[PDB]
Amino acid sequence: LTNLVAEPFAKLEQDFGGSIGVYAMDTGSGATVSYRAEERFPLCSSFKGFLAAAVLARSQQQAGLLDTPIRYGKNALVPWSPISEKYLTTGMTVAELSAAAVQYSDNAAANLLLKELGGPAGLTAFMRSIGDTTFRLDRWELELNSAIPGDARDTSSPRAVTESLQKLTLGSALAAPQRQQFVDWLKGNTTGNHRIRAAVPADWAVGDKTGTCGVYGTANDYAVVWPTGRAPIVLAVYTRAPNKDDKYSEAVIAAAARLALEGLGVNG
Ligand SMILES: *C(=O)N1C[C@H](NOS(=O)(=O)O)CC[C@H]1C(=O)NC1CCNCC1
């Protein structure tokens, strides 16, 4: 049921000047669209969705976790911390940092939450615990964005991203209340309007998390999509390119998402 219908991903990536990796699953039939799906691509900010899921998993054992207020210093505010910079003088709760990391891609929030989990290895351990043997987080913000060609640090594959996203949003990897909180955070993302969402009809529900490393044409998005009248679709679209100053493209991500939906025979 993989690639029943071929789609022109090769032409798309050639025009982009790099590589595009796609994995999309129709959770009803199990049909898939797969292109470069087992290659590694940098996560960039996209690790923050999984980070929030890991915090939610912890919260199942620690009922006071999400309400815990976290104070932080000005030194915590690395570049691109749009929410946490507004609460420097007050603090934010763990839940609020999680929402900020997911919905505004807040970097300070992400580092504070990584500390809660025991760092990159702690997040990696959570991903192993759900059966993902591909994901690896190695570094913190901002160093994890280097996106060096051939470097496996801070990467996953489109396939493993999709598989893990399915387990966490639709499967049993989180308890039901936490699963719905994760979904709600993804649905409230503000940074993805020009990526997978641009390929998804306005009357379908969707949650996503983006990433943009800033170098090597490297950017991404993953999403759960609920078309009306049929089972949800999970998909991941990752890009990279050979040269350090190659620019990412949101349009290319949207276009790859459209091809994926077409390949699944989802009328959109
Ligand atoms: C994540 O990849 N980020 C965080 C933020 N927006 O995330 S995104 O998924 O919407 O793109 C800005 C881009 C990126 C990031 O951390 N970039 C570094 C900090 C800002 N200067 C460039 C490198």
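Nothing fancy with the numbering, it's 1 onward along the sequence. In each ligand, atom 1 is the first atom listed, and ligand 1 is the first ligand listed. Determined by X-ray crystallography, 1.1 Å, according to the entry header.
Contacts with ligand 1 are greatest for the chain named in the PDB entry as Beta-lactamase. Per PDB records, the drug at ligand 1 is named relebactam (bound form). Entry annotation: the source organism of chain A is Klebsiella pneumoniae. With a heavy-atom cut-off of 4.0 Å, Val78 does not touch relebactam (bound form, ligand 1) at all.
Set against the non-hydrogen atoms of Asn145, the atoms of relebactam (bound form, ligand 1) under 4.0 Å away are 16 (O).
Distances from atom 6 (N) of relebactam (bound form, ligand 1) to the protein include at least one heavy-atom value under 4.0 Å. Nearest protein heavy-atom contact of atom 13 (C) of relebactam (bound form, ligand 1) is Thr212 O, 3.5 Å. This entry records a covalent bond between relebactam (bound form, ligand 1) and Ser45 OG. Counting only heavy atoms of the protein, atom 2 (O) of relebactam (bound form, ligand 1) lies nearest to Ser45 OG, 2.2 Å. Proximity of atom 19 (C) of relebactam (bound form, ligand 1) to the protein is indicated by at least one non-hydrogen atom lying closer than 4.0 angstrom. Between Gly211 and relebactam (bound form, ligand 1), a contact under 3.5 Å exists for at least one N or O pair. Backbone and side-chain nitrogen or oxygen atoms of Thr210 are examined, and one is located within less than 3.5 angstrom of a nitrogen or oxygen of relebactam (bound form, ligand 1). For relebactam (bound form, ligand 1), the residues with any heavy atom closer than 4.0 Å are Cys44, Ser45, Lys48, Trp80, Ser105, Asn107, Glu141, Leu142, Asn145, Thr191, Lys209, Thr210, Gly211, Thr212.
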Show the distances, to 0.1 Å, for all pairs joining an N/O atom of relebactam (bound form, ligand 1) and a protein N/O atom that are shorter than 3.5 Å, listing one pair per line.
residue, atom, partner, partner atom, Å
relebactam (bound form, ligand 1), 2 (O), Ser45, N, 2.8
relebactam (bound form, ligand 1), 2 (O), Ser45, OG, 2.2
relebactam (bound form, ligand 1), 2 (O), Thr212, N, 2.9
relebactam (bound form, ligand 1), 2 (O), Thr212, O, 3.3
relebactam (bound form, ligand 1), 3 (N), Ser45, OG, 2.3
relebactam (bound form, ligand 1), 7 (O), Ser45, OG, 3.1
relebactam (bound form, ligand 1), 7 (O), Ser105, OG, 2.7
relebactam (bound form, ligand 1), 9 (O), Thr210, O, 2.9
relebactam (bound form, ligand 1), 9 (O), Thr210, OG1, 2.6
relebactam (bound form, ligand 1), 9 (O), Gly211, N, 3.1
relebactam (bound form, ligand 1), 10 (O), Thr210, OG1, 3.1
relebactam (bound form, ligand 1), 11 (O), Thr212, OG1, 2.7
relebactam (bound form, ligand 1), 16 (O), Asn107, ND2, 3.1

